[PDB]
Student: 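For discussion: a PDB structure holding atirmociclib.
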Amino acid sequence: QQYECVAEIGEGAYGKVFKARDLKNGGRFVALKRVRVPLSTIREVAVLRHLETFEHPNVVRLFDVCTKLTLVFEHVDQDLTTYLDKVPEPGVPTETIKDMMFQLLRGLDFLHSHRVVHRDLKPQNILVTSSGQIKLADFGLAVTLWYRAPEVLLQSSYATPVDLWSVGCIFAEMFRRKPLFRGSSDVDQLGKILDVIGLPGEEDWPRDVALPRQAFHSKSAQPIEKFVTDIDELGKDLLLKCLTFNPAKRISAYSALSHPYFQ
Ligand SMILES: CC(C)n1c(C(C)(C)O)nc2c(F)cc(-c3nc(N[C@@H]4CCOC[C@H]4O)ncc3Cl)cc21
């Protein structure tokens, strides 16, 4: 074969991910994902090959697609989790947090501009290069709810704002070095969220959903500086705009890119 598996990276629905040697390309390490067997998946791979044409700096490269289906991607040694685990005290430098957030928002804006939603953005799929470059991986194909948006938990809407909530969760975790909302179920997750952001107005609660607003009594919203201690005034504002309950009022990746926090 042209690829030689050396280790298992992970397991997905229904497929395994393997670290492989690209024998025809200098034995470079590659991530091989096998997708089992449709037309929707054919379209999904077509979107991924199209996004590759733009070769965005903040998205993992798709080197090859073979025919059930093998997806060959560039290998990145570490994810944001392993970076946050190994970063020395007192934590990630303020300007490293800033740069990585801009790169994440750049890759996110790229995907949203091409009508692609990640839907499972988490430090495990955010890859960090030896040069410190953020690369998005593990998206475009069809459990941890710590980054799941409230409208996904409530089962009402599944648009792009879902990823911006995950970014707000990730932004907070870059300072904390531990997840912001560590729920253990959809109802626990939403409760743990509303303890911090407060119960939203009745007009901001999704209509025709199973869980009503009155199923929670989180009462008032607490200051974020308590849960994220070293955040600046501008960072606090960007973080709040991401962690907005109502997805229509939540900042977009495009307007987050222009926030004064990045000036
Ligand atoms: C693991 C997970 C995020 N993952 C999943 C599933 C479906 C399991 O969630 N599919 C994945 C996939 F298609 C590719 C990668 C990927 N991984 C690396 N490197 C890894 C990063 C983690 O540390 C070990 C390194 O070797 N480099 C490049 C890519 Cl693109 C990760 C995937």
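Sequence positions for chain A are given in the PDB entry numbering; the residues included correspond to 11-47, 55-84, 93-167, 181-301, in order. All heavy atoms count here, side chains included; hydrogens, waters and symmetry mates do not. First listed ligand is number 1; within each ligand, the first listed atom is number 1. Determination method: X-ray crystallography, 2.0 Å.
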Student: Can you help me out? I need the name, per UniProt, of the chain with the largest number of contacts to atirmociclib.
Tutor: Cyclin-dependent kinase 6
Student: Just need the protein heavy atom nearest to atom 22 (C) of atirmociclib, so name the residue and atom and give the distance.
Tutor: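 The closest one turns out to be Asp104 OD2, 4.2 Å.
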Student: Which is it for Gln149 and atirmociclib at heavy atoms under 4.0 Å: side chain, backbone, both or neither?
Tutor: backbone
Student: To check your reading of the model: name the closest protein heavy atom to atom 1 (C) of atirmociclib, its residue, and the distance in Å.
Tutor: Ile19 CG2, 3.7 Å
Student: When you look for heavy atoms under 4.0 Å from atirmociclib, do you find them on the side chain of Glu99, its backbone, both, or neither?
Tutor: backbone
Student: For atom 13 (F) of atirmociclib, which protein heavy atom lies nearest, and how many Å away is it?
Tutor: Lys43 CE, 2.9 Å
Student: Would you know which UniProt domain in chain A holds the bulk of residues touching atirmociclib?
Tutor: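 It's the UniProt domain Protein kinase.
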Student: In terms of heavy-atom distance rounded to 1 Å, which UniProt active-site residue of chain A is nearest atirmociclib, and what is the value?
Tutor: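 Of the UniProt active-site residues, the closest to atirmociclib by heavy atoms is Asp145, 6 Å.
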Student: Out of curiosity, is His100 lining atirmociclib, as in a heavy atom under 4.0 Å away?
Tutor: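 It does, in that a heavy atom of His100 comes within the 4.0 Å cut-off of atirmociclib.
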Student: Determine whether the side chain, the backbone, both or neither of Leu152 has a heavy atom under 4.0 Å from any heavy atom of atirmociclib.
Tutor: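 Answer for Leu152: side chain.
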Student: Which taxon does the entry assign to chain A?
Tutor: Homo sapiens
Student: Please report which non-hydrogen protein atom sits nearest to atom 6 (C) of atirmociclib, along with the residue it belongs to and the distance in Å to one decimal place.
Tutor: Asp163 OD2, 3.5 Å
Student: Check whether any N or O atom of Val101, backbone or side chain, sits under 3.5 Å from an N or O atom of atirmociclib, and answer yes or no.
Tutor: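 For atirmociclib, there is an N or O atom that lies under 3.5 Å from one belonging to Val101.
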Student: So, at a heavy-atom cut-off of 4.0 Å, what does the binding site of atirmociclib look like in terms of residues?
Tutor: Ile19, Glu21, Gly22, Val27, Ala41, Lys43, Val77, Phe98, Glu99, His100, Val101, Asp102, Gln149, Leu152, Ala162, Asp163
